[PDB]
**Q** 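My questions will all concern the structure given below.
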Amino acid sequence: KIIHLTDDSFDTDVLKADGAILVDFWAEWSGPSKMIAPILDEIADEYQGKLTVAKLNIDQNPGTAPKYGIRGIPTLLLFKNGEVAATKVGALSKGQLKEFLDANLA
Amino acid sequence: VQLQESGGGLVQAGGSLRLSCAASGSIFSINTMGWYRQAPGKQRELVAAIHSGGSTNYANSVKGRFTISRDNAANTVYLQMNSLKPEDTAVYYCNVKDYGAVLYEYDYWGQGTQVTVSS
Amino acid sequence: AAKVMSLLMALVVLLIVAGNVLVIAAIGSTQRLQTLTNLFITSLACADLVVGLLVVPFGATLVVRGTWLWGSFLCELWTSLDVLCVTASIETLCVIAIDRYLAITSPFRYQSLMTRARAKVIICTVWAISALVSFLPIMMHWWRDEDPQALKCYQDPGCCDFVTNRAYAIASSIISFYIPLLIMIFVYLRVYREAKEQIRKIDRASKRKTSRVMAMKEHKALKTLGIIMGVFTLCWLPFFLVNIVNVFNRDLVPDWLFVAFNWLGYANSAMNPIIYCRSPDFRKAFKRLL
Ligand SMILES: CCCCCCCCCC(=O)N(CCO)C[C@@H](O)[C@@H](O)[C@@H](O)[C@@H](O)CO
Ligand SMILES: CC(C)NC[C@H](O)c1ccc(O)c(O)c1
Ligand code: NA
(Lines of atoms letter the chains of each structure in order from A; the text may use other names.)
(Lines give C-alpha, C1' and ligand atoms only; values in the text may rest on other atoms or scores of the structure.)
(Ligands and ions follow the chains in the order given, each with its own letter.)
Protein backbone atom coordinates (compact mmCIF):
# COMPACT_ATOMS: atom_id res chain seq x y z
CA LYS A 1 0.00 0.00 0.00
CA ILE A 2 3.06 2.36 -0.03
CA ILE A 3 3.11 4.90 -2.88
CA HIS A 4 6.62 5.29 -4.33
CA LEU A 5 6.67 8.90 -5.53
CA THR A 6 8.49 10.63 -8.40
CA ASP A 7 9.10 14.31 -9.26
CA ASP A 8 6.39 14.59 -11.96
CA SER A 9 3.70 12.43 -10.28
CA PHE A 10 3.97 14.48 -7.01
CA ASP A 11 1.24 16.97 -8.03
CA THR A 12 -1.22 14.13 -8.85
CA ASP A 13 -0.17 11.71 -6.05
CA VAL A 14 -0.04 14.20 -3.11
CA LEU A 15 -1.53 17.64 -3.91
CA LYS A 16 -4.54 16.35 -5.93
CA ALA A 17 -4.87 13.11 -3.90
CA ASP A 18 -7.76 12.19 -1.64
CA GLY A 19 -7.52 12.00 2.14
CA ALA A 20 -4.49 12.48 4.35
CA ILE A 21 -1.08 11.48 2.90
CA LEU A 22 2.14 11.00 4.91
CA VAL A 23 5.27 11.63 2.80
CA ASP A 24 8.66 10.18 3.83
CA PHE A 25 11.79 11.83 2.41
CA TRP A 26 14.43 9.07 2.53
CA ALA A 27 17.90 8.47 1.04
CA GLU A 28 19.77 5.19 0.43
CA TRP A 29 22.90 6.54 2.21
CA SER A 30 21.10 7.74 5.40
CA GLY A 31 20.96 5.22 8.28
CA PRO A 32 18.16 7.08 10.11
CA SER A 33 16.09 7.01 6.85
CA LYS A 34 16.43 3.16 6.81
CA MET A 35 15.39 2.70 10.48
CA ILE A 36 11.90 4.14 9.75
CA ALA A 37 11.39 2.18 6.46
CA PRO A 38 10.23 -1.13 8.08
CA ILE A 39 8.16 0.90 10.62
CA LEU A 40 6.28 2.76 7.82
CA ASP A 41 5.55 -0.59 6.06
CA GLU A 42 3.79 -1.75 9.26
CA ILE A 43 1.89 1.59 9.69
CA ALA A 44 0.54 1.37 6.10
CA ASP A 45 -1.39 -1.79 7.17
CA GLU A 46 -2.68 -0.58 10.57
CA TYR A 47 -3.56 2.96 9.33
CA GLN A 48 -5.17 1.68 6.06
CA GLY A 49 -8.10 4.01 5.20
CA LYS A 50 -7.19 6.64 7.86
CA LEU A 51 -4.18 7.79 5.80
CA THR A 52 -1.90 6.80 2.88
CA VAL A 53 1.88 6.39 3.26
CA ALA A 54 4.18 7.66 0.49
CA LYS A 55 7.98 7.48 0.04
CA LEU A 56 10.19 9.73 -2.12
CA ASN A 57 13.91 9.05 -2.71
CA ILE A 58 15.86 12.37 -2.62
CA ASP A 59 18.77 10.94 -4.69
CA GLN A 60 16.33 9.77 -7.41
CA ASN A 61 14.04 12.86 -7.31
CA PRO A 62 15.97 15.92 -6.04
CA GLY A 63 13.48 18.52 -7.40
CA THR A 64 10.69 18.14 -4.80
CA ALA A 65 12.71 18.66 -1.57
CA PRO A 66 13.89 22.31 -1.96
CA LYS A 67 10.27 23.51 -2.50
CA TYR A 68 9.18 22.67 1.09
CA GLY A 69 12.60 23.35 2.68
CA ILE A 70 13.76 19.88 3.78
CA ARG A 71 16.94 20.23 5.89
CA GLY A 72 17.52 16.80 7.50
CA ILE A 73 16.35 13.23 6.73
CA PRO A 74 14.08 11.39 7.31
CA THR A 75 11.48 14.20 7.46
CA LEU A 76 7.81 13.19 7.55
CA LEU A 77 5.31 15.74 6.17
CA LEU A 78 1.61 14.98 6.70
CA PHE A 79 -0.59 16.35 3.88
CA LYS A 80 -4.33 17.22 4.08
CA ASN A 81 -6.11 18.46 0.90
CA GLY A 82 -2.80 19.60 -0.68
CA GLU A 83 -1.67 21.45 2.50
CA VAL A 84 1.01 20.69 5.14
CA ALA A 85 -0.74 20.26 8.53
CA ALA A 86 2.26 18.77 10.44
CA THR A 87 6.00 17.93 10.37
CA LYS A 88 8.44 15.54 12.14
CA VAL A 89 12.21 15.24 11.57
CA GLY A 90 14.64 12.40 12.38
CA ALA A 91 14.04 8.75 13.28
CA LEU A 92 11.20 7.65 15.59
CA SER A 93 9.92 4.33 16.96
CA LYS A 94 6.43 2.93 16.19
CA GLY A 95 5.01 3.88 19.63
CA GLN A 96 6.25 7.49 19.35
CA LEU A 97 5.12 7.80 15.71
CA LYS A 98 1.59 6.42 16.32
CA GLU A 99 1.04 9.10 19.00
CA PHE A 100 2.08 11.82 16.52
CA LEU A 101 -0.30 10.39 13.89
CA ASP A 102 -3.31 9.65 16.19
CA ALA A 103 -3.26 13.27 17.44
CA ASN A 104 -3.10 14.84 13.93
CA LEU A 105 -5.91 12.63 12.48
CA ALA A 106 -8.77 14.73 14.04
CA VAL B 1 -13.25 7.69 69.81
CA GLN B 2 -15.11 7.34 73.13
CA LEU B 3 -15.00 9.88 75.99
CA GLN B 4 -15.41 8.22 79.41
CA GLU B 5 -16.31 10.70 82.17
CA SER B 6 -16.04 10.24 85.95
CA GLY B 7 -15.69 12.10 89.28
CA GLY B 8 -19.08 13.81 89.41
CA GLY B 9 -21.77 13.55 92.06
CA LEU B 10 -23.18 15.30 95.11
CA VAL B 11 -21.02 17.56 97.27
CA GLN B 12 -21.49 20.27 99.94
CA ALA B 13 -20.80 23.97 99.21
CA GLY B 14 -17.15 24.78 99.93
CA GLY B 15 -16.20 21.23 98.84
CA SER B 16 -13.92 19.87 96.12
CA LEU B 17 -14.36 17.45 93.22
CA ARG B 18 -12.00 16.00 90.61
CA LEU B 19 -13.55 15.23 87.23
CA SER B 20 -11.64 12.92 84.90
CA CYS B 21 -12.27 12.25 81.19
CA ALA B 22 -10.30 9.51 79.44
CA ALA B 23 -10.46 9.54 75.63
CA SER B 24 -9.97 6.06 74.14
CA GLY B 25 -9.47 6.17 70.35
CA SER B 26 -7.49 7.62 67.45
CA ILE B 27 -6.76 11.33 68.08
CA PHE B 28 -4.28 13.66 66.31
CA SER B 29 -1.17 14.62 68.30
CA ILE B 30 -2.34 18.25 68.26
CA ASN B 31 -5.72 18.64 70.03
CA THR B 32 -7.68 20.65 72.61
CA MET B 33 -9.41 18.84 75.51
CA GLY B 34 -11.88 20.68 77.74
CA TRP B 35 -14.83 20.68 80.10
CA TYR B 36 -18.12 22.37 79.24
CA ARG B 37 -21.23 22.56 81.44
CA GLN B 38 -24.97 23.12 81.10
CA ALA B 39 -26.98 24.48 84.04
CA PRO B 40 -30.73 23.70 84.11
CA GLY B 41 -32.53 25.87 81.52
CA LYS B 42 -29.30 27.49 80.27
CA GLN B 43 -26.97 27.19 77.29
CA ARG B 44 -23.87 24.98 77.24
CA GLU B 45 -20.84 27.09 78.22
CA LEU B 46 -17.09 26.52 78.48
CA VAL B 47 -15.68 25.81 81.94
CA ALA B 48 -12.04 25.04 81.12
CA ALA B 49 -9.88 23.85 78.22
CA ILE B 50 -6.29 22.77 77.69
CA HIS B 51 -4.34 22.61 74.42
CA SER B 52 -1.86 19.80 73.73
CA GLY B 53 0.94 22.40 74.12
CA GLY B 54 0.07 23.47 77.69
CA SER B 55 -2.08 26.52 76.88
CA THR B 56 -5.12 26.88 79.14
CA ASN B 57 -8.39 28.77 78.94
CA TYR B 58 -10.81 29.34 81.86
CA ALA B 59 -14.14 31.11 82.30
CA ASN B 60 -14.27 34.05 84.77
CA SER B 61 -16.96 32.31 86.87
CA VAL B 62 -14.46 29.48 87.69
CA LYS B 63 -11.12 31.41 87.56
CA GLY B 64 -8.80 30.85 90.54
CA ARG B 65 -10.95 27.94 91.84
CA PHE B 66 -10.99 25.35 89.03
CA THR B 67 -7.76 23.88 87.62
CA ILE B 68 -7.53 21.89 84.36
CA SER B 69 -4.64 19.60 83.50
CA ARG B 70 -4.00 16.70 81.18
CA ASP B 71 -2.25 13.39 81.57
CA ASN B 72 1.21 13.45 80.00
CA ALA B 73 1.01 10.00 78.33
CA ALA B 74 -2.63 9.05 77.60
CA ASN B 75 -5.45 11.28 76.37
CA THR B 76 -6.99 12.02 79.78
CA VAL B 77 -8.02 15.43 81.14
CA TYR B 78 -8.70 16.28 84.80
CA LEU B 79 -10.64 19.23 86.23
CA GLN B 80 -9.97 19.88 89.93
CA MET B 81 -12.99 21.89 91.12
CA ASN B 82 -12.45 23.59 94.53
CA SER B 83 -14.57 26.06 96.57
CA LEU B 84 -17.72 24.78 94.84
CA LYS B 85 -20.92 26.86 95.04
CA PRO B 86 -24.57 25.98 94.18
CA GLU B 87 -24.11 28.05 90.98
CA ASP B 88 -21.65 25.41 89.67
CA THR B 89 -24.42 22.73 89.58
CA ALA B 90 -24.66 21.46 85.99
CA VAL B 91 -24.20 18.55 83.59
CA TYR B 92 -20.46 18.70 82.85
CA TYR B 93 -19.46 17.48 79.35
CA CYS B 94 -15.98 16.42 78.19
CA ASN B 95 -14.87 17.74 74.78
CA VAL B 96 -12.02 16.89 72.39
CA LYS B 97 -11.27 19.12 69.40
CA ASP B 98 -9.14 17.15 66.94
CA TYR B 99 -7.06 19.17 64.44
CA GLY B 100 -6.01 16.19 62.24
CA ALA B 101 -7.93 17.45 59.18
CA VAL B 102 -5.70 20.60 59.16
CA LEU B 103 -8.33 22.76 57.41
CA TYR B 104 -11.12 22.11 59.96
CA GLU B 105 -11.64 20.80 63.50
CA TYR B 106 -13.65 17.70 64.43
CA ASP B 107 -15.62 17.59 67.72
CA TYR B 108 -16.07 14.70 70.12
CA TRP B 109 -18.54 14.97 73.01
CA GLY B 110 -19.01 12.77 76.07
CA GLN B 111 -22.44 11.67 77.33
CA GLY B 112 -22.28 14.19 80.25
CA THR B 113 -21.91 13.62 84.02
CA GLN B 114 -24.04 15.27 86.74
CA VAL B 115 -22.49 17.54 89.34
CA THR B 116 -24.82 18.94 92.03
CA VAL B 117 -23.75 21.36 94.77
CA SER B 118 -26.01 22.36 97.71
CA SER B 119 -25.88 25.07 100.43
CA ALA C 1 -6.57 15.25 19.73
CA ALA C 2 -7.18 18.82 18.49
CA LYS C 3 -10.92 18.22 19.21
CA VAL C 4 -10.05 16.63 22.60
CA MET C 5 -8.26 19.87 23.64
CA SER C 6 -11.46 21.94 23.05
CA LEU C 7 -13.70 19.49 24.97
CA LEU C 8 -11.18 19.54 27.84
CA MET C 9 -11.49 23.35 28.13
CA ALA C 10 -15.29 23.09 28.45
CA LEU C 11 -15.21 20.75 31.49
CA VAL C 12 -12.53 22.97 33.13
CA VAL C 13 -14.90 25.96 32.94
CA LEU C 14 -17.78 23.79 34.16
CA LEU C 15 -15.85 22.42 37.15
CA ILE C 16 -14.61 25.90 38.19
CA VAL C 17 -17.98 27.67 37.99
CA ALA C 18 -20.02 24.73 39.34
CA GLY C 19 -17.66 24.03 42.23
CA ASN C 20 -17.14 27.62 43.33
CA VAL C 21 -20.77 28.73 42.91
CA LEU C 22 -21.73 25.76 45.07
CA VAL C 23 -19.21 26.72 47.80
CA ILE C 24 -20.18 30.41 47.95
CA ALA C 25 -23.87 29.41 48.11
CA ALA C 26 -23.16 26.89 50.87
CA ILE C 27 -21.29 29.46 53.00
CA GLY C 28 -23.84 32.25 52.41
CA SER C 29 -26.96 30.16 53.01
CA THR C 30 -25.84 28.28 56.19
CA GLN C 31 -25.33 29.97 59.60
CA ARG C 32 -22.98 27.21 60.78
CA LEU C 33 -20.55 27.61 57.82
CA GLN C 34 -19.89 31.34 58.51
CA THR C 35 -16.58 30.86 60.38
CA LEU C 36 -13.43 32.96 60.00
CA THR C 37 -11.58 30.27 57.98
CA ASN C 38 -14.58 30.11 55.61
CA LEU C 39 -14.37 33.90 55.26
CA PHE C 40 -10.92 33.43 53.64
CA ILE C 41 -12.43 30.50 51.66
CA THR C 42 -15.08 32.92 50.37
CA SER C 43 -12.34 35.30 49.11
CA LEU C 44 -10.66 32.32 47.43
CA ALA C 45 -13.91 31.10 45.88
CA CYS C 46 -14.73 34.54 44.46
CA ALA C 47 -11.36 34.79 42.71
CA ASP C 48 -11.57 31.26 41.30
CA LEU C 49 -15.14 31.90 40.10
CA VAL C 50 -14.12 35.07 38.19
CA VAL C 51 -11.41 32.91 36.57
CA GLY C 52 -14.05 30.41 35.41
CA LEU C 53 -16.60 33.01 34.26
CA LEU C 54 -14.37 35.51 32.45
CA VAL C 55 -10.68 34.59 32.29
CA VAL C 56 -10.81 30.96 31.08
CA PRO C 57 -13.52 31.51 28.37
CA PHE C 58 -11.62 34.36 26.67
CA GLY C 59 -8.42 32.33 27.13
CA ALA C 60 -10.11 29.31 25.49
CA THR C 61 -11.01 31.30 22.36
CA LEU C 62 -7.43 32.56 21.95
CA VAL C 63 -6.45 28.85 21.62
CA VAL C 64 -9.46 27.86 19.44
CA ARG C 65 -9.22 30.71 16.90
CA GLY C 66 -5.44 31.27 17.15
CA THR C 67 -6.06 35.04 17.60
CA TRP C 68 -7.62 37.80 19.74
CA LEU C 69 -11.07 38.73 18.43
CA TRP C 70 -11.93 41.52 20.92
CA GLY C 71 -9.25 44.19 20.32
CA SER C 72 -6.34 45.82 22.11
CA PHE C 73 -8.28 47.31 25.06
CA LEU C 74 -9.95 44.02 26.02
CA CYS C 75 -6.61 42.22 25.64
CA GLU C 76 -5.16 44.63 28.25
CA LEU C 77 -8.25 44.47 30.48
CA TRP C 78 -8.42 40.64 30.23
CA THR C 79 -4.69 40.26 30.95
CA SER C 80 -5.16 42.46 34.04
CA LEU C 81 -8.20 40.46 35.17
CA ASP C 82 -6.25 37.20 34.78
CA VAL C 83 -3.34 38.41 36.90
CA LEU C 84 -5.72 39.95 39.50
CA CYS C 85 -7.64 36.73 40.09
CA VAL C 86 -4.59 34.43 40.02
CA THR C 87 -2.72 36.76 42.42
CA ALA C 88 -5.74 36.96 44.80
CA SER C 89 -6.31 33.20 44.65
CA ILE C 90 -2.74 32.10 45.41
CA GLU C 91 -2.18 34.83 48.05
CA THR C 92 -5.48 33.72 49.70
CA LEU C 93 -4.15 30.11 49.86
CA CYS C 94 -1.23 31.52 51.82
CA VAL C 95 -3.50 33.47 54.19
CA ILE C 96 -5.54 30.25 54.79
CA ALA C 97 -2.36 28.30 55.69
CA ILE C 98 -1.59 30.97 58.31
CA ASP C 99 -5.20 30.94 59.58
CA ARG C 100 -5.06 27.17 60.07
CA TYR C 101 -1.61 27.47 61.64
CA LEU C 102 -2.88 29.85 64.35
CA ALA C 103 -6.10 27.91 64.94
CA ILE C 104 -4.20 24.58 65.29
CA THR C 105 -1.06 25.52 67.25
CA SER C 106 -2.39 28.44 69.34
CA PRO C 107 -6.20 28.20 69.38
CA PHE C 108 -6.88 30.39 72.44
CA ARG C 109 -4.50 33.07 71.16
CA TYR C 110 -6.09 32.86 67.68
CA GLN C 111 -9.62 33.74 68.94
CA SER C 112 -8.70 37.14 70.44
CA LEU C 113 -5.97 37.79 67.81
CA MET C 114 -7.93 37.03 64.60
CA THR C 115 -11.18 39.06 64.77
CA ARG C 116 -13.74 39.36 61.96
CA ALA C 117 -12.62 42.94 61.25
CA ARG C 118 -8.95 41.87 61.12
CA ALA C 119 -9.82 39.08 58.64
CA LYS C 120 -11.63 41.62 56.40
CA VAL C 121 -8.60 43.93 56.41
CA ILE C 122 -6.36 40.98 55.43
CA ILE C 123 -8.78 40.03 52.61
CA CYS C 124 -8.99 43.65 51.38
CA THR C 125 -5.19 43.83 51.34
CA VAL C 126 -4.86 40.59 49.32
CA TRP C 127 -7.18 42.03 46.66
CA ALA C 128 -5.59 45.51 46.78
CA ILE C 129 -2.14 43.97 46.12
CA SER C 130 -3.64 41.82 43.34
CA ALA C 131 -5.01 45.02 41.73
CA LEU C 132 -1.75 46.94 42.03
CA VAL C 133 0.22 44.06 40.45
CA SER C 134 -2.32 43.49 37.65
CA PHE C 135 -4.39 46.53 36.64
CA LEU C 136 -1.97 49.32 37.60
CA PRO C 137 1.08 48.05 35.62
CA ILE C 138 -0.75 46.45 32.68
CA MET C 139 -3.19 49.26 31.92
CA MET C 140 -0.47 51.93 32.41
CA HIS C 141 1.93 50.03 30.06
CA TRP C 142 4.62 49.47 32.72
CA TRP C 143 4.61 45.75 31.83
CA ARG C 144 5.58 46.70 28.22
CA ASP C 145 8.91 45.54 26.72
CA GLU C 146 11.00 47.80 24.40
CA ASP C 147 11.96 44.85 22.09
CA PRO C 148 10.71 45.26 18.46
CA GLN C 149 9.07 41.80 18.07
CA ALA C 150 7.36 42.30 21.45
CA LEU C 151 6.28 45.79 20.32
CA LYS C 152 4.73 44.10 17.24
CA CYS C 153 2.25 42.24 19.51
CA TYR C 154 1.30 45.46 21.34
CA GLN C 155 0.65 47.25 18.01
CA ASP C 156 -1.34 44.28 16.56
CA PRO C 157 -4.89 44.07 18.03
CA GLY C 158 -5.13 40.45 16.82
CA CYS C 159 -2.10 39.49 18.96
CA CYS C 160 -2.67 38.99 22.71
CA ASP C 161 0.45 37.12 23.81
CA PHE C 162 1.82 37.69 27.29
CA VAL C 163 5.06 39.59 26.79
CA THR C 164 6.63 41.47 29.68
CA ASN C 165 9.85 43.27 30.54
CA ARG C 166 12.28 41.59 32.94
CA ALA C 167 11.17 43.62 35.96
CA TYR C 168 7.47 42.87 35.72
CA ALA C 169 7.86 39.16 35.00
CA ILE C 170 10.05 38.72 38.07
CA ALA C 171 8.10 41.01 40.45
CA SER C 172 4.65 39.77 39.42
CA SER C 173 5.75 36.10 39.64
CA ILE C 174 7.24 36.66 43.12
CA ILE C 175 4.18 38.51 44.48
CA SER C 176 1.65 36.18 42.81
CA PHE C 177 3.45 32.85 43.49
CA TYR C 178 6.87 32.65 45.23
CA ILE C 179 6.29 34.75 48.39
CA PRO C 180 2.98 32.82 48.88
CA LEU C 181 4.65 29.46 48.26
CA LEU C 182 7.54 30.02 50.68
CA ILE C 183 5.12 31.23 53.38
CA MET C 184 2.99 28.10 52.83
CA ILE C 185 6.06 25.83 53.06
CA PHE C 186 7.35 27.55 56.23
CA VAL C 187 3.87 27.68 57.83
CA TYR C 188 2.72 24.12 57.10
CA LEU C 189 6.18 22.73 57.92
CA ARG C 190 5.68 23.95 61.52
CA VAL C 191 2.32 22.07 61.70
CA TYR C 192 4.26 18.92 60.79
CA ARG C 193 6.99 19.83 63.34
CA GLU C 194 4.41 20.65 66.04
CA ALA C 195 2.75 17.24 65.54
CA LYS C 196 6.15 15.48 65.38
CA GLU C 197 7.37 17.14 68.61
CA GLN C 198 4.05 16.42 70.35
CA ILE C 199 4.50 12.67 69.60
CA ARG C 200 7.97 13.09 71.20
CA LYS C 201 6.47 14.51 74.44
CA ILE C 202 3.85 11.70 74.63
CA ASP C 203 6.73 9.16 74.36
CA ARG C 204 8.70 10.93 77.13
CA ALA C 205 5.55 10.83 79.27
CA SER C 206 5.34 7.03 79.18
CA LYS C 207 8.60 6.34 81.13
CA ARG C 208 9.81 3.93 78.41
CA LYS C 209 6.50 1.97 78.60
CA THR C 210 5.20 2.69 75.06
CA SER C 211 6.48 4.10 71.76
CA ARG C 212 3.83 6.06 69.83
CA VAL C 213 3.23 5.07 66.17
CA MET C 214 1.51 6.94 63.32
CA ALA C 215 -2.19 6.14 63.64
CA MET C 216 -5.13 6.89 61.37
CA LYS C 217 -5.28 10.59 62.37
CA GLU C 218 -1.60 11.33 61.71
CA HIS C 219 -1.61 9.62 58.26
CA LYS C 220 -4.78 11.51 57.21
CA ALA C 221 -3.11 14.79 58.28
CA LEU C 222 -0.07 13.98 56.16
CA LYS C 223 -2.26 13.07 53.15
CA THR C 224 -4.25 16.34 53.46
CA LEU C 225 -1.03 18.30 53.81
CA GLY C 226 0.38 16.43 50.78
CA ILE C 227 -2.67 17.30 48.69
CA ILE C 228 -2.55 21.00 49.73
CA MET C 229 1.12 21.55 48.81
CA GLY C 230 1.26 18.93 46.03
CA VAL C 231 -1.72 20.06 43.95
CA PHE C 232 -0.95 23.80 44.33
CA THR C 233 2.71 23.34 43.33
CA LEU C 234 1.92 20.86 40.52
CA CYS C 235 -0.56 23.36 39.04
CA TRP C 236 1.40 26.65 39.32
CA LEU C 237 5.16 25.96 39.75
CA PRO C 238 5.63 24.81 36.08
CA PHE C 239 4.07 28.00 34.63
CA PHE C 240 5.75 30.38 37.09
CA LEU C 241 9.12 28.63 36.68
CA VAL C 242 8.88 29.06 32.87
CA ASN C 243 7.52 32.64 33.23
CA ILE C 244 10.87 33.67 34.82
CA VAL C 245 12.87 31.54 32.30
CA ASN C 246 11.27 33.20 29.22
CA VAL C 247 12.59 36.65 30.25
CA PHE C 248 16.24 35.61 30.03
CA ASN C 249 16.54 32.98 27.22
CA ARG C 250 13.30 33.59 25.28
CA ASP C 251 13.41 30.84 22.61
CA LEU C 252 14.37 28.13 25.18
CA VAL C 253 10.79 27.18 26.11
CA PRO C 254 8.22 26.81 23.26
CA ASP C 255 5.02 28.86 23.07
CA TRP C 256 2.64 25.83 23.06
CA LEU C 257 4.19 24.66 26.39
CA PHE C 258 4.00 28.13 27.99
CA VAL C 259 0.29 28.32 27.18
CA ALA C 260 -0.37 24.70 28.25
CA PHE C 261 1.43 25.26 31.58
CA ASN C 262 -0.73 28.39 32.18
CA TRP C 263 -3.84 26.26 31.63
CA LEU C 264 -2.54 23.79 34.22
CA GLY C 265 -2.65 26.78 36.63
CA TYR C 266 -6.28 27.57 35.71
CA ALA C 267 -7.11 23.94 36.68
CA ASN C 268 -6.08 24.65 40.32
CA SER C 269 -9.10 26.99 40.58
CA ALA C 270 -11.23 23.83 39.94
CA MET C 271 -9.22 21.85 42.53
CA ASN C 272 -9.46 24.48 45.35
CA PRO C 273 -13.20 23.88 46.11
CA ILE C 274 -12.45 20.17 46.49
CA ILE C 275 -9.46 20.54 48.86
CA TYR C 276 -10.63 23.36 51.16
CA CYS C 277 -14.36 22.44 51.54
CA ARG C 278 -14.39 18.83 52.79
CA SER C 279 -15.59 19.64 56.34
CA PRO C 280 -18.60 17.70 57.69
CA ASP C 281 -20.56 20.98 57.75
CA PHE C 282 -19.68 21.62 54.06
CA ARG C 283 -20.72 18.03 53.11
CA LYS C 284 -24.10 18.52 54.85
CA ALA C 285 -24.72 21.95 53.28
CA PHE C 286 -23.88 20.59 49.79
CA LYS C 287 -26.46 17.79 50.25
CA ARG C 288 -29.04 20.37 51.42
CA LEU C 289 -28.42 22.58 48.33
CA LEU C 290 -28.84 19.73 45.81
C1 LIG D 1 -1.92 47.78 50.68
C2 LIG D 1 -0.83 48.41 49.85
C3 LIG D 1 0.42 47.53 49.85
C4 LIG D 1 1.51 47.92 48.84
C5 LIG D 1 1.00 48.09 47.40
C6 LIG D 1 2.10 48.06 46.33
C7 LIG D 1 2.82 46.71 46.30
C8 LIG D 1 3.28 46.32 44.91
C9 LIG D 1 4.41 47.24 44.50
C10 LIG D 1 4.57 47.02 43.02
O11 LIG D 1 3.84 47.70 42.33
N12 LIG D 1 5.41 46.08 42.54
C13 LIG D 1 6.65 45.64 43.19
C14 LIG D 1 7.68 46.75 43.09
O15 LIG D 1 8.16 46.93 41.76
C16 LIG D 1 5.08 45.35 41.30
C17 LIG D 1 5.18 46.18 40.01
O18 LIG D 1 4.55 47.45 40.15
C19 LIG D 1 6.58 46.50 39.48
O20 LIG D 1 7.50 45.44 39.73
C21 LIG D 1 6.45 46.84 38.00
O22 LIG D 1 5.71 48.06 37.89
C23 LIG D 1 7.77 47.01 37.28
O24 LIG D 1 8.49 45.79 37.42
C25 LIG D 1 7.53 47.36 35.81
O26 LIG D 1 8.71 47.83 35.13
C1 LIG E 1 -2.49 34.43 29.53
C2 LIG E 1 -2.03 35.38 30.65
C3 LIG E 1 -2.95 36.62 30.74
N4 LIG E 1 -1.94 34.61 31.91
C5 LIG E 1 -1.27 35.37 32.98
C6 LIG E 1 -0.88 34.45 34.14
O7 LIG E 1 -2.06 33.83 34.64
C8 LIG E 1 -0.16 35.26 35.24
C9 LIG E 1 -0.81 35.61 36.42
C10 LIG E 1 -0.12 36.34 37.41
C11 LIG E 1 1.21 36.70 37.20
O12 LIG E 1 1.88 37.40 38.15
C13 LIG E 1 1.86 36.34 36.03
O14 LIG E 1 3.16 36.68 35.82
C15 LIG E 1 1.18 35.63 35.04
NA1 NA F 1 -2.24 43.48 21.08
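So that the names make sense, note that chain A is the first sequence line, chain B the second, and so on, each numbered from 1. Atoms within a ligand are numbered from 1 in the order they appear, just like the ligands themselves.
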**Q** Name in the PDB entry of the chain with the most heavy-atom contacts to ligand 2?
**A**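 Its main partner is Beta-1 adrenergic receptor.
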**Q** What is the PDB name of the drug at ligand 2?
**A**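 It's recorded as isoprenaline.
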**Q** List the other chains with a heavy atom under 4.0 Å from isoprenaline (ligand 2).
**A**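 Other chains under 4.0 Å (heavy atoms): C.
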**Q** I'm curious how isoprenaline (ligand 2) sits relative to the natural ligand site. Which residues UniProt lists as binding cyanopindolol in chain C have a heavy atom closer than 4.0 Å to it?
**A**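 A heavy atom under 4.0 Å occurs in these UniProt residues: C:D82, C:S172, C:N262.
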**Q** Which UniProt transmembrane segments of chain C, numbered from the N terminus, hold a non-hydrogen atom less than 4.0 Å from isoprenaline (ligand 2)?
**A**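 Non-hydrogen atoms that close: UniProt segments 3, 5, 6, 7.
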**Q** Write out the residues of other chains lying under 4.0 Å from isoprenaline (ligand 2), heavy atoms counted.
**A**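 Heavy atoms under 4.0 Å: C:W78, C:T79, C:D82, C:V83, C:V86, C:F162, C:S172, C:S173, C:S176, C:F239, C:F240, C:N243, C:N262, C:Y266.
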